[PDB]
Trainee: 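Looking at a model with tipranavir; I have a few questions.
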Number of protein chains: 2
Amino acid sequence: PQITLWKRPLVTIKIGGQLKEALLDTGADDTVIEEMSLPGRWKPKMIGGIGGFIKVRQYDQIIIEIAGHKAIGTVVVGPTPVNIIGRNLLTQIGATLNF
Amino acid sequence: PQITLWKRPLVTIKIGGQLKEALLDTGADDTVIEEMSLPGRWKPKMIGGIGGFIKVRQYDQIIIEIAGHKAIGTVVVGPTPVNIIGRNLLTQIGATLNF
Ligand SMILES: CCC[C@@]1(CCc2ccccc2)CC(O)=C([C@H](CC)c2cccc(NS(=O)(=O)c3ccc(C(F)(F)F)cn3)c2)C(=O)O1
Ligand SMILES: [Cl-]
Ligand SMILES: [Cl-]
Ligand code: NA
């Protein structure tokens, strides 16, 4: 699809068999998800946003469907205003920014 | 142009007579610029992101040139770690996400 930006670019994602809403964010290096249970081990990470840094749990090789496109990659879990799909998975689904 | 997202989508902007680097951010409602002076009236605002909120100065009817395309709209100025072009100006230059 072609998504215009007059409204927030929110899509449906599926992770751990659950449907959730997430924001497509070309400004984010990483994919940040609200508190939930994921399988496997996690590693520590600090990420920066406009209001300062947060500590997150980094899970690698997680299966996630984004707007109907399959991705398998790193997701970080932490305090976030919204679920955010960042460039690490936007590249997996072939997304580009065009103008 | 067509911008892949393997790297951060940074472009040159012109604002207030100055050339700067800025991040094209489909996840940001607003355009947030690091501290600088702009002409005209402003009012205080709080904007929230990852990390929490920051206090900014809101200037309306500011013109920006973004990768050579002119746009006008509201710009907020404050202690952001990076200059961000948000949806309010991305729409004006016809930017879309495609996959
Ligand atoms: C995962 C971190 C993402 C990011 C990184 C910024 C950055 C980049 C390079 C280096 C350092 C830091 C980019 C980003 O879009 C925001 C947020 C949106 C998630 C952001 C950006 C700009 C302004 C706002 N505030 S707001 O009032 O315009 C706003 C508030 C909330 C939302 C909502 F959709 F997230 F809810 C969107 N916009 C927020 C952010 O806080 O940091
Ligand atoms: Cl505006
Ligand atoms: Cl349009
Ligand atoms: Na003004």
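Chains: lettered A, B, ... by order of sequence lines. Since chain A takes its numbers from the PDB entry, the residues it shows come out as 1-99. Chain B is numbered as in the PDB entry, which gives 1-99 for the residues shown. Remember, it's 1-based here, ligands and their atoms both numbered in the order they're listed. Just the heavy atoms: all of them, side chains too, but no hydrogens, waters or symmetry mates, feed the values below.
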Trainee: List the ligands or chains that belong to tipranavir, copies included.
Mentor: ligand 1
Trainee: Report, using the naming of the PDB entry, the chain with the greatest number of heavy-atom pairs under 4.5 Å to tipranavir (ligand 1).
Mentor: HIV-1 protease
Trainee: Taking 4.0 Å as the heavy-atom contact limit, which other chains touch tipranavir (ligand 1)?
Mentor: A, B
Trainee: Look up the source organism of chain B in the entry and report it.
Mentor: Human immunodeficiency virus 1
Trainee: Is the contact between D30(B) and tipranavir (ligand 1) made by the side chain, the backbone, both, or neither, using heavy atoms and a 4.0 Å cut-off?
Mentor: both
Trainee: Can you list the atoms of tipranavir (ligand 1) that are under 4.0 Å from a heavy atom of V82(A)?
Mentor: 35 (F)
Trainee: For tipranavir (ligand 1), note which part of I84(A) has a heavy atom under 4.0 Å away: side chain, backbone, both or neither.
Mentor: side chain
Trainee: With a heavy-atom distance limit of 4.0 Å, tell me whether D25(A) approaches tipranavir (ligand 1) through its side chain, its backbone, both, or neither.
Mentor: side chain
Trainee: Hey, which atoms in tipranavir (ligand 1) end up nearer than 4.0 Å to a heavy atom of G27(B)?
Mentor: 18 (C), 37 (C), 38 (N)
Trainee: Any N or O of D29(B) that comes nearer than 3.5 Å to an N or O of tipranavir (ligand 1)?
Mentor: yes
Trainee: To the nearest 0.1 Å, how far is atom 30 (C) of tipranavir (ligand 1) from its closest protein heavy atom, and which atom is that?
Mentor: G48(B) O, 3.2 Å
Trainee: List every atom of tipranavir (ligand 1) that sits less than 4.0 Å from any heavy atom of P81(B), numbering the atoms from 1 in the order shown and giving each element.
Mentor: 11 (C), 12 (C)
Trainee: Considering only non-hydrogen protein atoms, determine which one is nearest to atom 22 (C) of tipranavir (ligand 1) and report residue, atom name and distance to 0.1 Å.
Mentor: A28(B) CB, 3.5 Å
Trainee: Looking at tipranavir (ligand 1), does any of its N/O atoms fall within less than 3.5 Å of an N/O of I50(A)?
Mentor: yes
Trainee: Which protein non-hydrogen atom lies closest to atom 32 (C) of tipranavir (ligand 1), naming both residue and atom, and how far is it?
Mentor: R8(A) NH2, 3.4 Å
Trainee: Side chain, backbone, both or neither: which part of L23(B) has a heavy atom under 4.0 Å from tipranavir (ligand 1)?
Mentor: side chain
Trainee: Any heavy atom of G86(B) sitting closer than 4.0 Å to tipranavir (ligand 1)?
Mentor: no
Trainee: For tipranavir (ligand 1), which atoms have a heavy atom of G49(B) less than 4.0 angstrom away?
Mentor: 39 (C), 41 (O)
